[PDB]
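Check out this one - nevirapine stuck to HIV-1 RT A-chain.
A, B, ... follow the sequence lines: proteins, then strands. Residue 1 opens every chain. Just the heavy atoms: all of them, side chains too, but no hydrogens, waters or symmetry mates, feed the values below. Atoms within each ligand, like the ligands themselves, are counted from 1 in listed order.
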Amino acid sequence: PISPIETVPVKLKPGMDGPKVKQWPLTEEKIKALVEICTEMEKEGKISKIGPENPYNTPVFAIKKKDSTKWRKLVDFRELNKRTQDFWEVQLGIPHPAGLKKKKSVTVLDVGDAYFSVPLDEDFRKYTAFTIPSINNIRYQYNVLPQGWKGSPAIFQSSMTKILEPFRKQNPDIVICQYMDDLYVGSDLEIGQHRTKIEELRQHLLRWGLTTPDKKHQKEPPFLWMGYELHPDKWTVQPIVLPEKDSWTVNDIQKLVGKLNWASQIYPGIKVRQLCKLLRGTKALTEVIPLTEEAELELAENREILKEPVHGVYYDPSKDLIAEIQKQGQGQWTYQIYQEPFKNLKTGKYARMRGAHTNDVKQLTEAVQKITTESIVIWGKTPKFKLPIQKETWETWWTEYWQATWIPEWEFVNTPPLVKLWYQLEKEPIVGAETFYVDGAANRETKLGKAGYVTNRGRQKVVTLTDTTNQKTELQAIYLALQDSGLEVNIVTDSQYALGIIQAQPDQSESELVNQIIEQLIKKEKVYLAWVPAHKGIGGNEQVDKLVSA
Amino acid sequence: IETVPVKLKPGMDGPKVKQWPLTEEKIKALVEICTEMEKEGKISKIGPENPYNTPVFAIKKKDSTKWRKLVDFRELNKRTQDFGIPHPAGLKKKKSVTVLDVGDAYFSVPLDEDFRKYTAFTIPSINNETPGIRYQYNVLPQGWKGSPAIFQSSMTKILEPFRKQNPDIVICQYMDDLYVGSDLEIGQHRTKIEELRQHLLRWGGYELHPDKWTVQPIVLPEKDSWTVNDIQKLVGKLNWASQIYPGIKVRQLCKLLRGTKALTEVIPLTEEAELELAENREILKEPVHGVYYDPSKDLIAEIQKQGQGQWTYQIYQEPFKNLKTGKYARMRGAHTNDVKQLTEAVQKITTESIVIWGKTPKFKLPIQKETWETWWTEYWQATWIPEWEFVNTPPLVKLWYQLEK
Ligand SMILES: Cc1ccnc2c1NC(=O)c1cccnc1N2C1CC1
């Protein structure tokens, strides 16, 4: 079954030459076999003997495939693959289960060794040369796509799309999806009708040397789709097995946390905090670790979660898309996309490493965005959103934030906890509030600093700092101010980072100190923050500022 | 026709840019659009043996509810050899200018066989249920820099008559568009324009107002009485501003600010401070001297969001030596979404840069990459695509321009 299809022109990378590697020596039985096997496809026209006019060579091997005490062959194109041009995209990204519309029925045709049905570019064939040695010290080359060579998949995919354009056209109410050597076909016809067509298709591929496993020997639903179990009217989350064991090695924990993390997507509730703690300091990937009781209760509670299997539904184009979001903790969000309430299409969660300085709204914002993207990738469209935030809140925040931001049509859902603004700086000074002129300075090299303040009420403080830095000093100045102020405060500072907070008003940060201030900001009733150019006369920057520079 | 050979700047290789996900709605439109151009033999299906790719997408101009296909050749233009096309300085002054979409023209002209591979692009498939759909151009593509180039000859011809019979009218072509400027009152301009269309059709509001784009001065507040705060705010701004006008002085004012007083405390101005201030207001009445466009350097465009629907910008080549600056108020209807406002803004500004220096500025956008990548196209309406980078607006450069008159 070679095929009568136009070969795709293939050439070697810019200015390189074919493979030239030596052939390993072989046992009497590793040569005997390969002679047989090769004489086989030799007769099938798949490979053709070559003379000495071919200077290339690839190492052929022989490994007896398991569950058959018979011999099989293997050719090592590592080198050839390094020398072969690149092709576009053998996989623009995988179709997710939630992006499929349901079907009355779905077959799958293993187009298996169709890799060998497609003839290789006559010109290129010469680089595929390999050698079968003899006992005490026989050449060939491929005439069809070799298994394991860079361009096969690619060449075979396109080949396939061509050969499918006709049948697809005639039968538009039918749906084929291809992937690898697996051809999935589904539809909404009546089983007998479906049956007929599949056969029709089969005899079509069958026409291009493309042998396919008959009805008598093909696969049947459910279908294990990398992670999922697929029925034509519902998919399932193929229950995950946590190895209950005696002693745990570091490596084991990692793998475990790995599978656990994967799970948290569909199973929010899953936790790995204490389990992660078990790695701190680990000296060897195989050193065994004592499972803290906290880690026990956790590992445990996780098995319970993974008990309940999870089935979902498919895409129904005649219904709107809804995306609902929840905040599980600081910078942790869960979302579920569905068409009919509680009938979920997809779910997920996100952990946001605080990074420099953020705030929940900003983070809420990023979630939406991420969701929006994957939605489009799947349903070529974006969901209407149900968000745990009030229009008032959102409005206040965005019209004022310094960065461009946006949230597609959405609707407030009162599912607590809601995301809110933890504090807001006053737009102008507070009348009848103490005014703290803060300043901080530190010796860059010796890391010795002082921080402090003086108010218009005559109050003052100063503090000496060991092993500190400038930024810290400045911030500290501000921390103190806040600590000693009271519900309403006015604070002038010449800090560049103060400018930061003002413009962003973050409610989370990597810097503990910042967090400190943030906590203090939140406590205050009314706070107004002001910045003035450093080292200028601006009193305050002259008095508390003078006390801290030498 | 006989085709001119186009090549890549030496050393370069074709573009291999990934396709961005597209909505169902626009993927459909592109298919239609492509099957058609295919028949029309403008484009042809390609195999995987071709590894180059450029992003594609669809948009709709105003007063057009018919989808239009747009490609992102930036990368390819960057890699396409240069050749030399002349820019006036007249429309810069015209009383009015009108832009014209002559992208079509190109589809008549064929493209050198060997450069075609480089023009490969891909229509994706929703959820990847199908493999993508690869095409490649056979004629001059719209949006490519080589196209207005190769179609130069024919173009000049086609126009000369309208040219010679109207040397009082300016015509500048920048890629897919044609800029027509005349001081003739609107009546004659509009009519003369339509006459020009016909002149072209023959072969096979909306108005612009150049002049009027005068840079604005930085006005300073005025109060009956000033507070510690007011001053501090003022002084802060002046201080920073001195980087532009070095004659600005702040000491007399900073003197009043000595002593730890309350922000709300009122302070009367010394006659010395009064002067220092009056003297500053003067210097600010006009743009800094010495700023002259340099054709050999990149034009830069910075945008600050001011909130309330307002945005400010500055075109320059060297920080603080602005060539142009300005304010922009949100178009009627974008009352809830930033991204819409920003693209509109981006487009208007690019426009001016073209009209003026006949060159697209590189943008410095106050928006997170992801946000921008996800939605800019949704509101884009120009055949060209400028360069951009994403940044963090310093708080000061913002308070400054907020002060523009
Ligand atoms: C794994 C896979 C990838 C893409 N599409 C499908 C499948 N397999 C199915 O079993 C399936 C299930 C439900 C709907 N379409 C399906 N099919 C469609 C092709 C008939």
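Contact chains for nevirapine (heavy atom under 4.0 Å, other chains only): A. Counting heavy atoms under 4.0 Å, the binding site of nevirapine comprises A:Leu100, A:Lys101, A:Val106, A:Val175, A:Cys177, A:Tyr184, A:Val185, A:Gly186, A:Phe223, A:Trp225, A:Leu230, A:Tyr314.
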